[PDB]
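Report on the structure given below.
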2 protein chains.
Amino acid sequence: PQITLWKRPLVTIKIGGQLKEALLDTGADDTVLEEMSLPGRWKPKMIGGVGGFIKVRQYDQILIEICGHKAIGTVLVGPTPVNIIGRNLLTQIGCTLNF
Amino acid sequence: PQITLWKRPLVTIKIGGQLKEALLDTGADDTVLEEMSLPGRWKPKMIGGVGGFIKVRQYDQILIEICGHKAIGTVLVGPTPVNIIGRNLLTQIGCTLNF
Ligand SMILES: CCC[C@@]1(CCc2ccccc2)CC(O)=C([C@H](CC)c2cccc(NS(=O)(=O)c3ccc(C(F)(F)F)cn3)c2)C(=O)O1
Ligand SMILES: [Cl-]
Ligand SMILES: [Cl-]
């Protein structure tokens, strides 16, 4: 698709068999989801946003569908205000910026 | 151009007589720049994102050039960790997400 930016680029994602709404965010290195449970081991990470730093849990090699496009990669979980899809997964689905 | 997302989408902007590096951020409602002087009236604003809220100065009707494309819009100025071009200006330069 082509997504214009007059509204927030919110899309449906599927993770763990469940649908969620998430923001396509070209300013995010990483994908960060609101508190939830994921299987497997996790490792710690500190990430920065516009307001400062947050602690998150890093899960690797997680299956996640974004606008119907299948990705498998790193998902961070922590106190983000919205589910954010960052560049690590935007590149997996072939996303570019165009103007 | 067509900008891929393997690295942060940083571009050159021209604003208030200055050349700066800024991040094209489809996740940001607003454009927020690190501390700088801008002409005219301003009012305080709180903006929130990852890590919480920061207080910024809101300047309206500010001319800007982003990667060679002219626009006008609101520019916020405050303690953001990086200069961020948000949707309010990305729309004006015809920026879309494509996959
Ligand atoms: C996972 C962190 C993502 C990010 C990283 C910024 C960064 C980049 C390089 C180095 C250091 C830091 C980019 C980003 O879009 C935001 C948020 C949106 C999720 C953001 C950015 C800019 C302004 C705002 N405030 S706002 O009022 O314009 C606003 C508020 C809320 C939302 C919502 F969509 F997230 F709800 C979008 N915009 C928020 C942020 O807080 O940090
Ligand atoms: Cl990844
Ligand atoms: Cl505006």
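The sequence lines are taken in order and lettered A, B, and onward as chains. Here chain A follows the PDB entry, giving residues 1-99 in order. Sequence positions for chain B are given in the PDB entry numbering; the residues included correspond to 1-99, in order. Computation of the quantities below employed the complete heavy-atom set of this structure, encompassing side-chain atoms and omitting hydrogens, waters and symmetry-equivalent molecules. When the header is checked for method, it gives X-ray crystallography, 1.3 Å. Order of appearance sets the numbers: ligands from 1, and atoms from 1 within every ligand.
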* Which of the following drugs is at ligand 1: omadacycline, rifamycin SV, tipranavir? -> tipranavir
* What macromolecule, as named in the PDB entry, provides the greatest number of contacts to tipranavir in this entry? -> protease
* Find the other chains whose heavy atoms come closer than 4.0 Å to tipranavir. => A, B
* Asked: Which residues and nucleotides from other chains come within 4.0 Å of tipranavir, counting heavy atoms only?
  -> A:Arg8, A:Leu23, A:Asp25, A:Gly27, A:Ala28, A:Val32, A:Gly48, A:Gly49, A:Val50, A:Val82, A:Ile84, B:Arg8, B:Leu23, B:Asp25, B:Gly27, B:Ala28, B:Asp29, B:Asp30, B:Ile47, B:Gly48, B:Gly49, B:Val50, B:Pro81, B:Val82
* Contact atoms of tipranavir, heavy-atom distance to A:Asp25 under 4.0 Å -> 13 (C), 14 (C), 15 (O), 18 (C), 19 (C)
* Provide, to 0.1 Å, the distance between atom 22 (C) of tipranavir and the closest protein heavy atom, together with that atom's residue and name. => B:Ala28 CB, 3.5 Å
* Asked: Any idea which atoms of tipranavir are less than 4.0 Å away from a heavy-atom of B:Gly48?
  -> 24 (C), 25 (N), 26 (S), 27 (O), 29 (C), 30 (C), 31 (C), 39 (C)
* Atom indices of tipranavir, in the order listed, that fall short of 4.0 Å to a heavy atom of B:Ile47 -> 25 (N), 27 (O)
* Return the organism named as the source of chain B in the deposit. => Human immunodeficiency virus 1
* To do: Using a strict cut-off of 4.0 Å, indicate which atoms of tipranavir neighbour a heavy atom of A:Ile84.
  => 1 (C), 19 (C)
* Asked: Which of the numbered atoms in tipranavir are below 4.0 angstrom from a heavy atom of B:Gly49?
  -> 39 (C), 41 (O)
* Asked: Taking only heavy atoms of B:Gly27, which atoms of tipranavir are found under 4.0 Å from at least one of them?
  -> 15 (O), 18 (C), 34 (F), 37 (C), 38 (N)
